[PDB]
Number of protein chains: 2
Amino acid sequence: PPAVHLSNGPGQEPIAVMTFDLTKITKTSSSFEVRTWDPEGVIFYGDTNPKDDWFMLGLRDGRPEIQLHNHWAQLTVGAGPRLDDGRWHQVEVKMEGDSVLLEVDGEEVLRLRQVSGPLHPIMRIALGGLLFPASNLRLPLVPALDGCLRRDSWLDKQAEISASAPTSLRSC
Amino acid sequence: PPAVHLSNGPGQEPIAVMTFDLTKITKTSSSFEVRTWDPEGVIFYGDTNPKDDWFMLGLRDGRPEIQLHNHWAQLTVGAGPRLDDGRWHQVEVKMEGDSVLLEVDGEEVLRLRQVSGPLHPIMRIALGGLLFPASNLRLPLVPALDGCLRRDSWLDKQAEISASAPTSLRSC
Ligand SMILES: C[C@]12CCC(=O)C[C@@H]1CC[C@@H]1[C@@H]2CC[C@]2(C)[C@@H](O)CC[C@@H]12
Ligand SMILES: C[C@]12CCC(=O)C[C@@H]1CC[C@@H]1[C@@H]2CC[C@]2(C)[C@@H](O)CC[C@@H]12
Ligand SMILES: [Ca+2]
Ligand SMILES: [Ca+2]
Ligand SMILES: [Zn+2]
Ligand SMILES: [Zn+2]
Ligand SMILES: [Zn+2]
Ligand SMILES: [Zn+2]
């Protein structure tokens, strides 16, 4: 299937930004396959507020890292196996009650409990980069992730209000 | 290549809406292939203003029809061969100086001269439907077009600010 490149050029901004109507979402999960040799970068960022309520999933030292900041919880966590072996890996990020679950190749590798109150009119999902400077993360990293993404599904497509790509979505 | 369906269900609204930054456009042309048995419908609508400055390309009696309303020109024109034979046809709509050109299967079939002043911050392109009730056209038609679209390219992708799909883009 058609794989896209997770970072154009110098990796300063996301390849794509989706905007979702929060009252319309009935699917609170995302899933995709990624392939990379890059140990560090952003895979995707999500927010309901860029100052207040945000999430990032990336790689640090080859392994998944989640940063989360909202009314309930503020955290920086690494978990799961290294993904930076150049092989395709399946990833799923799900909200299940008040938890956020991370699954890798079908196996749960992480569960952040007591982090989310009820699913802030709009949620944005940014692929390959953040919607704020990396310096404002809890723990900065260099956002550019040189890898591929394919078979991706972001929340509930029925609730997507719009999608923007700043430049050209490149092939992998 | 992947063809999409030009009308979901009862054909009241477009399948997809693209928004473009008018100062950024350097390509003032659009092109696509269509396949249909339906003699009447909208193929695409474009506006810089839904009251003031709009364009529609559709079929009426099987044949291309353009409606255009702007500061320079107000018109309803039919031209070209019937397209409602269920075969793939190549269509290109281009602005060339102050004209709007329509080409079918590589051949110019229509040139609307003296219709456009210089290429209103934003242009919208709506596929398969209008962004106003069909009753407000110069000459109403029933907008639903049961056909396929593939190999489509809309203006200058570098100038696209966002794209929205209200429901599910179906396969053809
Ligand atoms: C991980 C989730 C939920 C699961 C998913 O598909 C992606 C998405 C990313 C944005 C997160 C969201 C869970 C709830 C959060 C953390 C909000 O509190 C603010 C950002 C939201
Ligand atoms: C046909 C054009 C120009 C060529 C094209 O690719 C599609 C686009 C549709 C909107 C039209 C535009 C030409 C200029 C118009 C007619 C403006 O005056 C208002 C709507 C614009
Ligand atoms: Ca990197
Ligand atoms: Ca019809
Ligand atoms: Zn909040
Ligand atoms: Zn794996
Ligand atoms: Zn005007
Ligand atoms: Zn033909």
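Chain labels are A, B, C, ... in exactly the order the sequence lines appear. Chain A residue numbers are taken from the PDB entry; in order, the displayed residues are 13-131, 136-188. Chain B is numbered as in the PDB entry; the shown residues are, in order, 13-131, 136-188. Determination method: X-ray crystallography, 1.7 Å. Just follow the structure's listing: the first ligand is 1, and inside any ligand the first atom is 1. For the numbers below, each heavy atom of this structure counts, side chains included, while hydrogens, waters and symmetry mates do not.
Considering dihydrotestosterone, diethylstilbestrol, vaborbactam, the drug or drug candidate at ligand 2 is dihydrotestosterone. Short version: main partner of dihydrotestosterone (ligand 2), named per UniProt, is Sex hormone-binding globulin. Counting only heavy atoms under 4.0 Å, the other chains near dihydrotestosterone (ligand 2) are B. Within the 4.0 Å cut-off (strictly below), no protein heavy atom is located near atom 2 (C) of dihydrotestosterone (ligand 2).
Of all atoms in dihydrotestosterone (ligand 2), numbered sequentially from 1 with element shown, those under 4.0 Å from a heavy atom of B:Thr40 are 4 (C). Near B:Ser41, the atoms of dihydrotestosterone (ligand 2) lying under 4.0 angstrom from a non-hydrogen atom of the residue are 6 (O). Of all atoms in dihydrotestosterone (ligand 2), listed by their number and element, those nearer than 4.0 Å to a heavy atom of B:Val105 are 1 (C), 4 (C), 5 (C), 6 (O). Considering each of B:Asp110, B:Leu69, B:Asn82, B:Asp64, the one bringing a non-hydrogen atom nearest atom 16 (C) of dihydrotestosterone (ligand 2) is B:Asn82.
Remark: dihydrotestosterone (ligand 2) atoms within the under-4.0 Å shell around heavy atoms of B:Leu171 are 5 (C), 6 (O). Of the residues of chain B touching dihydrotestosterone (ligand 2), most belong to the UniProt domain Laminin G-like 1. Of the protein's heavy atoms, B:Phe67 CB, 3.8 Å lies nearest to atom 11 (C) of dihydrotestosterone (ligand 2). Nearest non-hydrogen protein atom to atom 12 (C) of dihydrotestosterone (ligand 2) is B:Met139 CE, 4.3 Å. For chain B, the PDB entry reports the organism Homo sapiens. For atom 6 (O) of dihydrotestosterone (ligand 2), the nearest non-hydrogen atom from the set B:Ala142, B:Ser111, B:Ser42 belongs to B:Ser42.
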